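Structure note - pyrazinamide present.
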Amino acid sequence: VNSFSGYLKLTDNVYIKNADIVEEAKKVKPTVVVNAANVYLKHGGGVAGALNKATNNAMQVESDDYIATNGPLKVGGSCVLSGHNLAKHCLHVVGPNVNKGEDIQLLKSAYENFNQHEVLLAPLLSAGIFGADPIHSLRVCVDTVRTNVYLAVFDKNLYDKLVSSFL
Ligand SMILES: NC(=O)c1cnccn1
């Protein structure tokens, strides 16, 4: 049993809810929250901007030190950093950004990072300002992630479309 509440069960391991991932993280304090990161860990907008704002910019300070030491992530890659006030850990995962012309086939590689964690609170990778079709992102998630993932969808309209179109 875990603390996640109000989720619709899509599969054996994938759950979904219409929710603000910041508000959900603040309530649950999950072991892992996933950030929709870019390779530079520049948390300017979308899930990343909202998560970083909720940490009072501590996520960005930590991230800048990580990049200064290690250099940029790969598209499809990830790193584990602090979850600050939101979670124990933040898994920063880089999905392809369609608005930068990145290979959508890298979305499966991105979701494979989730398999290193038994339970996660996450957004749909490459959705929102990353430009991918969120229906596609949910299908790749279900077909790739084997660990238990609780998906928070910010938009109510999109949530209802994801549920009502789910195969
Ligand atoms: N939870 C949010 O504030 C958020 C903002 N932008 C995109 C997705 N989620």
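The numbering of chain A matches the PDB entry: 3-169, in order. Whatever order the structure lists them in is the order used to number ligands and atoms, beginning at 1. Heads up, header says this was done by X-ray crystallography, 1.0 Å.
Most heavy-atom contacts to pyrazinamide (ligand 1): the chain UniProt names Papain-like protease nsp3. Distance from atom 3 (O) of pyrazinamide (ligand 1) to its nearest protein heavy atom, with residue and atom name: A52 CB, 3.2 Å. For atom 1 (N) of pyrazinamide (ligand 1), the closest heavy atom belonging to the protein is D22 OD1, 2.8 Å. The ligand atoms of pyrazinamide (ligand 1) that sit less than 4.0 angstrom from a heavy atom of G48 are 5 (C), 6 (N), 7 (C).
The shortest contact between atom 4 (C) of pyrazinamide (ligand 1) and any protein heavy atom is with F156 CD1, 3.7 Å. Mapped onto UniProt domains, the residues of chain A touching pyrazinamide (ligand 1) mostly lie in Macro 1. The binding-site residues for pyrazinamide (ligand 1) (non-hydrogen atoms, 4.0 Å) are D22, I23, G48, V49, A52, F156.
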Give me the pairs of N or O atoms, one from pyrazinamide (ligand 1) and one from the protein, that sit under 3.5 Å apart.
unit_1                  : atom_1 : unit_2 : atom_2 : d
pyrazinamide (ligand 1) : 1 (N)  : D22    : OD1    : 2.8

